[PDB]
Amino acid sequence: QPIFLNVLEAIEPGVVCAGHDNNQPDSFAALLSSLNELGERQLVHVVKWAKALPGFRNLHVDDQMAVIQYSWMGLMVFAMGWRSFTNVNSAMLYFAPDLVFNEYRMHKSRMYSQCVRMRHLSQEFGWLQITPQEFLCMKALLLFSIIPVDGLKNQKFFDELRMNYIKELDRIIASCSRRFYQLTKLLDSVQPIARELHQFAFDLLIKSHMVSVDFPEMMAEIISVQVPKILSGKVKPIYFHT
Amino acid sequence: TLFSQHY
Ligand SMILES: CC(C)(O)C(=O)Nc1ccc([N+](=O)[O-])c(C(F)(F)F)c1
């Protein structure tokens with residue numbers, strides 16, 4: 001109905017493949033190389049998607065970049081959670097059509113804890129009967145859920161925008177009041193997962209030269225420059241609940 | 001940067 005929902009549908013990215021060799025047996029390096037490549041590819045799509053979001057151009061440019069860089073892992077996790085829900089009912093993790101994790105890959109990548117958390121996130125889509133329209137509006141608000149402790153270059157514009165995305169999530173929800181509690185809670189839970197993924201990726205970047213994992217240039221850069229701001233506590237997420 | 005050099 002709203003103009004709003006039309007937009008999110010219209011701009012929602014399409015299928016992104018990882019380019020993985022599914023004929024080669026699994027190794028840590030191969031799996032982790034194909035996730036890194038996938039990361040880069042999905043980053044490109046998140047950037048394009050973000051810039052077409054309504055009111056996004058209102059932000060100062062450096063806020064535009066910052067916000068995407070900080071929130072990217074979360075958004076990925078979230079959409080990946082859904083992709084897994086819709087495509088295979090959360091029995092496995094649908095990173096991409098050519099990169100679907102089963103438990104064995106969960107263990108081999110050495111991200112079993114983090115993957116486990118994400119499968120549970122996928123299950124929540126099912127348990128809560130999340131609709132495609134709640135998913136899209138939730139995802140758009142994720143982009144506005146993580147900011148530097150010392151705020152942005154133009155905090156006001158950000159706050160306005162975030163406020164209006166909350167409102168719009170409220171419109172498409174509607175004792176229904178309790179729906180909001182749940183979704184806000186489900187949104188809150190994305191952050192600790194992205195944080196665990198941030199640490200893993202960081203640590204991995206740091207040993208990459210020595211485990212034969214290849215990092216695309218834009219990854220290495222984000223993971224080394226922006227991510228450590230999150231892990232050091234300069235950049236914190238916005239939680240609905242305490 | 002490699003992000004602001006492609007934005
Ligand atoms: C940087 C690190 C290893 O590549 C990584 O976490 N990559 C990555 C790539 C893609 C996706 N995805 O959702 O499509 C995700 C994740 F969001 F699931 F965690 C992580």
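Sequence lines set the chain letters: A, B, ... in the order given, protein chains first and strands last, and positions in each chain run from 1. In what follows, every heavy atom counts, from backbone to side chain, and hydrogens, waters and symmetry copies are set aside. Both ligands and their constituent atoms are indexed starting at 1 by order of listing.
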Tell me which macromolecule has the most close contacts with ligand 1, using the naming in UniProt.
Androgen receptor
What would the PDB label the drug at ligand 1?
hydroxyflutamide
Chain letters near hydroxyflutamide (heavy atom < 4.0 Å):
A
Does only the side chain of A:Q42 get under 4.0 Å from hydroxyflutamide, or the backbone, or both, or neither? Count heavy atoms.
side chain
Can you tell me if A:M73 contacts hydroxyflutamide (heavy atom of the residue under 4.0 Å from the ligand)?
yes
Looking at atom 4 (O) of hydroxyflutamide, what's its closest protein heavy atom, distance included?
A:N36 OD1, 2.8 Å
Find the UniProt domain of chain A where most residues contacting hydroxyflutamide lie.
NR LBD
Which one of A:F95, A:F200, A:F215 has a non-hydrogen atom at the shortest distance from atom 11 (C) of hydroxyflutamide?
A:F95
Could you tell me whether A:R83 approaches hydroxyflutamide through its side chain, its backbone, both or neither, with non-hydrogen atoms closer than 4.0 Å?
side chain
Heavy-atom contacts under 4.0 Å between A:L197 and hydroxyflutamide: side chain, backbone, both, or neither?
side chain
Okay, next thing: residues with a heavy atom within 4.0 Å of hydroxyflutamide - which are they?
A:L32, A:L35, A:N36, A:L38, A:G39, A:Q42, A:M73, A:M76, A:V77, A:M80, A:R83, A:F95, A:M118, A:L197, A:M219
